[PDB]
Each structure stands twice: as C-alpha cells, then as structure tokens.
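Check out this one - 10-1074 stuck to Envelope glycoprotein gp120.
Residue numbers begin at 1 in each chain, while the letters A, B, ... track the order of the sequences. Heads up, header says this was done by electron microscopy, 2.5 Å. Be aware that this covers only part of the deposited structure, with contacts counted strictly within it.
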Amino acid sequence: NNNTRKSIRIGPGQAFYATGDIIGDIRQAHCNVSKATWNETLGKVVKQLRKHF
Amino acid sequence: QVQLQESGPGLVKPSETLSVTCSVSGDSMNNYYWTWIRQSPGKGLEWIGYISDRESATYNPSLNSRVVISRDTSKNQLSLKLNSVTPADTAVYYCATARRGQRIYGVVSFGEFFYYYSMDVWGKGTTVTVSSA
Amino acid sequence: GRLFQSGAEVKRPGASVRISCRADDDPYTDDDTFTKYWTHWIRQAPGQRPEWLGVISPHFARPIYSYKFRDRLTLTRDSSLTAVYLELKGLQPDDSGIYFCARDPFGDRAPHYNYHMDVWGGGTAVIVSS
Amino acid sequence: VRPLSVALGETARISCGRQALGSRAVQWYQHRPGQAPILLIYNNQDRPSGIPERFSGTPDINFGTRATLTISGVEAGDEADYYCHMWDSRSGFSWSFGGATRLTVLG
Amino acid sequence: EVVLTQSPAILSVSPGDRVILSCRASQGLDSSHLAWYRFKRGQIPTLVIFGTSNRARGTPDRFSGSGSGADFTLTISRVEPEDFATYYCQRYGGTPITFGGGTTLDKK
Ligand SMILES: *[C@@H]1O[C@H](CO)[C@@H](O[C@@H]2O[C@H](CO)[C@@H](O[C@@H]3O[C@H](CO[C@H]4O[C@H](CO[C@H]5O[C@H](CO)[C@@H](O)[C@H](O)[C@@H]5O)[C@@H](O)[C@H](O[C@H]5O[C@H](CO)[C@@H](O)[C@H](O)[C@@H]5O)[C@@H]4O)[C@@H](O)[C@H](O[C@H]4O[C@H](CO)[C@@H](O)[C@H](O)[C@@H]4O[C@H]4O[C@H](CO)[C@@H](O)[C@H](O)[C@@H]4O[C@H]4O[C@H](CO)[C@@H](O)[C@H](O)[C@@H]4O)[C@@H]3O)[C@H](O)[C@H]2NC(C)=O)[C@H](O)[C@H]1NC(C)=O
Ligand SMILES: *[C@@H]1O[C@H](CO)[C@@H](O[C@@H]2O[C@H](CO)[C@@H](O[C@@H]3O[C@H](CO[C@H]4O[C@H](CO)[C@@H](O)[C@H](O[C@H]5O[C@H](CO)[C@@H](O)[C@H](O)[C@@H]5O)[C@@H]4O)[C@@H](O)[C@H](O[C@H]4O[C@H](CO)[C@@H](O)[C@H](O)[C@@H]4O)[C@@H]3O)[C@H](O)[C@H]2NC(C)=O)[C@H](O)[C@H]1NC(C)=O
Ligand SMILES: *[C@@H]1O[C@H](CO)[C@@H](O[C@@H]2O[C@H](CO)[C@@H](O[C@@H]3O[C@H](CO[C@H]4O[C@H](CO)[C@@H](O)[C@H](O)[C@@H]4O)[C@@H](O)[C@H](O)[C@@H]3O)[C@H](O)[C@H]2NC(C)=O)[C@H](O)[C@H]1NC(C)=O
Ligand SMILES: *[C@@H]1O[C@H](CO)[C@@H](O[C@@H]2O[C@H](CO)[C@@H](O[C@@H]3O[C@H](CO[C@H]4O[C@H](CO)[C@@H](O)[C@H](O)[C@@H]4O)[C@@H](O)[C@H](O)[C@@H]3O)[C@H](O)[C@H]2NC(C)=O)[C@H](O)[C@H]1NC(C)=O
Ligand SMILES: *[C@@H]1O[C@H](CO)[C@@H](O[C@@H]2O[C@H](CO)[C@@H](O)[C@H](O)[C@H]2NC(C)=O)[C@H](O)[C@H]1NC(C)=O
Ligand SMILES: *[C@@H]1O[C@H](CO)[C@@H](O)[C@H](O)[C@H]1NC(C)=O
C-alpha cells in the first residue's frame, strides 16, 4: 500500500501522525521465500537433526 | 461468428409483466455470458442484468429486483421479463453478449484481482412502448 | 538529508518572488535545521556559473547579503524556526534561473570549523517574462 | 450527457467522467442513435478486430493516469454517444455505464 | 575580489581513466576555503571535496583533491558513467562567495 502520512496538531507542540489515504490498490503485506532454497535448507536441518534423534 | 436477433410485442399495458426475447443464431452457448441493456429517451444506457451457463441470475440493484432473466439450450435462446411495468419503462431493449476478464493487480492467491465484463457483440434492440392508451 | 523548496514560478518584470526552503516537509516537525546551520541562496542562470545571493545565519536569522542584491533581497526565517525564505523584489529578465538553497556549517561548528554546502536542495525555476 | 465538438481531421480526446481509485479496466462504447452500441476499446487499450486503428485508450501503467479515448482523424461518421465503462479495484461492481459524451464533428 | 579560473571548460575522457581538473585563483587561498561541487542538469548538486582535500560523506575514494596557494586540483582516479558532469570550485573567506566557471566532462 502507498501510505499517506498526515500530521494532526493535538496540543501545543504535539503532533499525532495519522494514516491519510491509500493511493492506488489495497493489497496485503507479504513475504516471499524461494521454495527450492527453503526446501534444501530444511533438508540440511533435517540431516543435522537426525544425528540427535 | 455469433448472430443475435431480438423479438418482442412492443405493446404492453402498465402494471403487468413485459417479456422481450433474444434468439441467437450461428452457434450455441459455448463461450458467452448474456446480458440485457435498455435505453430510455432522455437518459443514457442502462445495464439491467446478465446470466451465464451456470444460471446465476445477477441483476442491477437499481432495477428493484422485479426482473427475471433466463435462457435455455433446448430452444437455445435468451429471455427477459420484468414485473409491474410503469409507463416510465419505455425504452429500446438490446440483447448483448459479454466476455469476462480478470484484472490482476497483485497476488492472485490473496484474491487481488477483479472481474469485469465487456459487451462485444450486440443487437439492434426492440422499441417497446408501455402505455394504456 | 535533503532540502525541500517551493515550486517553479513565472513572474512579470518589476514583481517579486518568494521561495521557501525546508529540511522536513512535515509542517509540525522539530527538525532544528536553521537553528544549527547557515543557509545559502545560490542562483544559476542558463549559460552562467552559479551566483551567490546571500546567506542566513542560524543564530537569530541574521542575513548576510551580496552587495549587488542588497537593495532588493530579503532573507527570512519562519517564526516556527523550521523554514527559511528568499524574497527577490524588482525582478528583471536576467533574474531568471534555477534558485538553490544550500546548508552549511560555515566555519562555526565547534570541533573542526569546516566550510561546505553539504546538503543542497532541489532548485526552484524562476522565469521572468512579459 | 456531455457535449463536445471537434473539427474534421483533428483529434478528439474524450475523458472518462469517473476517476479510478486503483488499477482499472476501461471499456469504451460508441452508440449512434438507432444503431447498436459498438465496443471500441476494452482492457484500457485493446481494440477488437473490426475497429480501426484511430481509436486509442490510455494504458493502465504507473497509477495516476486518466482514462481517455483518442480518435485521430475524426470522420463525419465518428459522431455518436461515447460511454466509458470504468472498472477498478476499489469501487466494486460497475453497474453504471456513466454519463455519455456526445461528439459533434464540425464542418 | 577573488576570481577562480577553471582551465579547460570542456574535457573529454573515456570511462576508467585518470582526470585532472584545475582551479586557479587570483590570490592566495586559505585551503580550508576551497570546495568542489558536482552539477548536472536535472539532479541535485552535491559537495564532492571540501577543505581542498577532504571527501564528503557520500563520496567515493576515486575522487581526491590537492593544492595550495592559488593552484587547486580535483582528480578522479577511475571515471565512471555518473562522473560525467560539470564540476565547480568555490572559495570561502569573504562575501560574495564566488564559484569557478566549471569544467564539464563528456565521454569519448
Ligand atoms: C512474491 O511472489 C509473488 C508470486 O506469487 C508475487 O506476486 C505477483 O505480484 C505482482 C504484483 O506486484 C502481480 O503482477 C501483476 O500481474 C498481472 C498478471 O499478469 C499475468 O497475466 C497477464 C495478462 O494475461 C492475459 O494474457 C495472457 C496471455 O499472455 C492470458 O493467458 C490471460 O488470460 C490474459 O488474457 C500477462 O500479461 C502476464 O504476463 C507477464 O509475464 C510473462 C511471463 O512471465 C511476460 O512475458 C509478460 O510480459 C508479463 O510480464 C501474466 O501472465 C499483470 O497483469 C499486472 O501488470 C499490470 O498491472 C499493473 C498494476 O495495475 C500495471 O502497472 C502493469 O503495467 C500491468 O498493466 C498492464 O496490463 C493490464 C492488463 O493486462 C492493462 O490493463 C494495463 O493497461 C497495462 O497494459 C500495458 O501492458 C500490457 C502488457 O504488459 C500491454 O498488453 C498493454 O497494451 C499495455 O501496454 C501485474 O504485473 C503478479 O500477478 C503476482 N504473481 C502471482 C503468481 O500472483 C509478489 O510480487 C512477490 N512479492 C515480493 C515482495 O517479491
Ligand atoms: C585572513 O584571510 C586572508 C585571505 O585568505 C589570509 O591570507 C591567506 O592566508 C593563507 C594561509 O594559509 C596563505 O596561504 C599560504 O601562503 C604562503 C605564502 O605563499 C607564497 O609562498 C609559497 C612558498 O611556500 C609559494 O609557493 C606561493 O606561491 C603560490 O601562491 C601564489 C599566490 O600567493 C600563486 O600566485 C603562485 O602561483 C603559487 O600558487 C606564494 O608565493 C605559503 O607558504 C603557504 O603554504 C603552506 O601551506 C600549504 C597549505 O597549508 C602547504 O601546502 C604548503 O606546503 C606550505 O606549507 C600557504 O599556501 C595565502 O597566501 C594568504 N592569501 C592572501 C591573499 O593573503 C590570511 O592569512 C588570514 N589571516 C588570518 C589571521 O587568518
Ligand atoms: C505513491 O503515491 C505518490 C502520490 O502521493 C506518488 O508520488 C508521485 O510520483 C510521481 C512520479 O513518481 C510524481 O510525478 C512527478 O511530478 C513532478 C512535478 O510535481 C511537483 O509538484 C507537486 C505538487 O505540485 C509535488 O508534490 C511534487 O513532489 C513535485 O514537486 C515532475 O517534475 C516529475 O517529472 C514527475 O512527473 C508526482 O508528483 C508524485 N506526487 C506526489 C504528491 O508526490 C508515488 O509515485 C507513489 N509511489 C509508488 C511506489 O507508487
Ligand atoms: C503558528 O501560528 C502562527 C500564527 O498564526 C503562524 O504564523 C503565521 O502563518 C501565516 C500563514 O502561514 C502567515 O501569513 C503568511 O504571510 C506570508 C508573507 O508574510 C508577510 O505577510 C504577513 C501577513 O500575511 C506579515 O505578518 C509578515 O510580516 C510578512 O510581511 C504570505 O506569503 C502568506 O500568503 C501568508 O499570508 C503569517 O505571516 C505567520 N506569522 C505570523 C506572525 O502571523 C504559524 O504558521 C503557525 N505555525 C505552524 C507550525 O503552523
Ligand atoms: C528478492 O529480491 C531480490 C532483489 O533484491 C531478487 O533477486 C534478484 O533476482 C533476479 C531474478 O532472479 C536477478 O536477475 C537479480 O540479479 C537478483 N538480484 C537483485 C539485486 O536484483 C530475488 O529474486 C527476490 N527473491 C524472492 C524470493 O522474491
Ligand atoms: C523437498 O526435498 C525432498 C527431498 O529432496 C523432497 O522429498 C520433497 O518433496 C521436497 N519438498 C518440496 C516442497 O519441494
């Protein structure tokens, strides 16, 4: 989301920071991981984990 | 190719139903959504509703839900009837077919798209007058 | 970081232009630039080297003017102490150019006393035509 | 209804009356009186086959652009009602075709 | 009045060469009082070198400066494609602050 910040004067010298408009689409925040890289790292973790169990 | 030709009486007394039908020639109901658009004098076009092969009747909320849109592949033709017609409902009635597109702006597994309808093949329209005179 | 100037101006000959310079576009900021640094005002006409107009002090907004601009330039700080202003009166077609504000310790900061316009801002294009 | 008048051989530029809030998909319709409505532009820029390469829409690239239909070299026949069916991502289902723009060619 | 003269107004070079830019003063500078500035059209001006030899904060090690008296040089060790701009020297130590005319770099 393209966020707009808005300053509100709430007291003498005091500014509250609000969210104003979203500019463009409303979308969800998200994270991406490479699927093959994550699977290979999980295999390495599983192999180091089988030495204890 | 898709041909489509409307049909209707044109002479309807107020406070009853009005039926306009739409016969499609050239092929069957393969690809298409089917929609109805009326145009009254003194104002612009007006989308009134659309259906598809799943028979999901979706109407304009601006037209009171007095409307019934149906179709059949036995006769292979479309049909429209609205209930309790007032004399302000005189208009040219166009039968049209609609393609659905999806506009994708983000992640599709989050549902960040929408569907839109483009009416590509139209018809001439029936000039249906409603009056008791 | 950066300096935020007002928008480009088109003026008549004999009029006045007023340019702003802020270190923060937040109107209710507490940035305290312009109480720590000197702010230079520097124009560049097309086809010329940069020309220095004046500098305003952090100390109580005391201005030093160039002698060729002294009779028609005013350098002001906002009473909120978070913006500085240039006012050039009696405009002529050779006053057209890009105007910059620049920020400088100006030999006044207590460890090393250096001199550098280290943060420049933007540039307001000023056109004088009729 | 919004009238707009353009001389022959010039370029007419019909703006959409509605503004998009978000990514749009804009259909442009041409409606002569007594004739059937004709789809000129769909998906903000795409012409269906059978539409001349004088109609253009503005593509939805780098949000902030207004949707305009551009008619280059307006004929005597290119005068009708023009509808901008505007769909976007923050407005829901677009039941309205919008207000028309009656083009008049001058001469 | 101190006048600064920058000797070649246009200078042509290939990306990866060593370039000398020169500033000549009318008198005797303090050498805490000479700086260099990068001007390109459509971009924010940037301090390159202050105090005749000190690099700025966002300034790479390919730039250095030297000089004394009335002779000052800004040398670029390896020319990059973003170093193709006008470079100005300016002098502190009296008002009006004066700039130096400018040496523009274009590629071969
Ligand atoms: C984490 O990972 C996830 C992965 O899950 C990432 O998620 C991705 O997030 C991005 C957003 O950041 C999404 O991007 C949007 O994608 C859509 C969908 O694109 C697909 O569909 C397009 C249309 O398909 C049409 O044609 C095909 C036949 O080709 C047909 O099958 C279909 O039915 C339909 O008819 C394809 O064009 C597109 O192809 C892309 O990839 C091809 C191969 O990779 C490549 O060859 C292509 O060149 C193209 O790049 C793909 O299959 C895009 O439509 C959308 O882009 C439009 O929207 C944005 C925002 O509105 C706009 O700014 C863009 O400029 C672009 O707008 C153009 O298209 C509109 C519709 O087409 C049109 O209305 C506009 O006017 C504008 O049109 C201009 O360009 C087009 C061509 O570009 C031209 O024809 C016009 O005339 C005009 O010039 C977004 O990019 C991803 O969908 C999403 N991925 C998934 C899997 O969900 C996430 O980002 C990651 N996060 C992080 C932090 O990393
Ligand atoms: C008040 O403000 C004024 C105005 O700035 C100050 O006056 C200047 O002070 C600076 C102090 O750094 C002076 O610079 C020094 O100059 C001396 C003497 O220069 C002569 O001797 C040199 C031999 O060493 C010779 O090379 C010089 O020739 C160059 O300069 C002339 C111009 O003067 C030029 O025409 C030539 O072509 C040459 O380019 C010149 O004949 C010099 O000895 C100093 O060098 C030392 O320091 C530098 C850097 O620190 C170092 O690199 C050297 O190796 C050497 O160790 C230094 O350059 C400047 O000359 C003064 N200018 C004027 C106009 O007066 C004044 O000092 C201020 N007062 C106070 C109290 O602050
Ligand atoms: C998030 O939304 C922002 C809107 O609030 C987007 O900012 C816009 O970005 C474009 C280009 O990225 C800018 O277009 C430029 O405009 C200037 C002239 O504008 C000047 O004047 C306005 C007010 O008059 C001022 O607000 C600007 O800051 C400028 O000082 C041209 O010179 C450029 O060539 C270019 O056309 C928009 O001006 C800008 N709008 C605002 C309000 O800042 C931002 O791009 C969005 N971000 C993302 C990632 O989508
Ligand atoms: C806190 O409150 C203060 C008091 O209301 C605010 O200060 C005033 O803000 C207004 C609007 O920004 C300024 O008016 C502007 O003046 C400039 C030019 O200044 C000349 O004219 C004014 C009268 O307008 C005169 O008083 C001066 O001496 C100058 O001769 C114009 O270009 C503008 O169009 C606008 O009219 C006031 O000048 C300003 N100061 C005072 C003392 O009233 C202050 O902005 C508030 N702070 C915050 C952070 O919001
Ligand atoms: C995370 O973002 C980085 C960019 O910071 C992506 O890395 C780039 O990937 C493309 C295509 O694979 C390469 O051409 C670039 O050279 C990569 N590096 C940079 C700096 O752009 C990476 O693909 C992203 N990862 C995920 C999982 O989305
Ligand atoms: C991860 O790798 C293992 C072995 O390499 C494989 O059995 C498994 O299917 C992989 N999982 C995914 C999600 O790729």
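Within this structure, 10-1074 can be identified as chains B and D. Heavy-atom contacts below 4.5 Å between 10-1074 (chains B and D) and other chains occur for A. Every residue of chain A having a heavy atom under 4.5 Å from 10-1074 (chains B and D) is listed here: A:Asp21, A:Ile22, A:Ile23, A:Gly24, A:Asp25, A:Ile26, A:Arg27, A:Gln28, A:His30. Contacts between 10-1074 (chains B and D) and chain A at heavy-atom distances below 4.5 Å involve residues B:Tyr105, B:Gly106, B:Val107, B:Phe110, B:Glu112, D:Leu21, D:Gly22, D:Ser23, D:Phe63, D:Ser89, D:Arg90. By the deposit information, the source of chain A is Human immunodeficiency virus 1.
For chain B, the entry uses the name 10-1074 Fab Heavy Chain.
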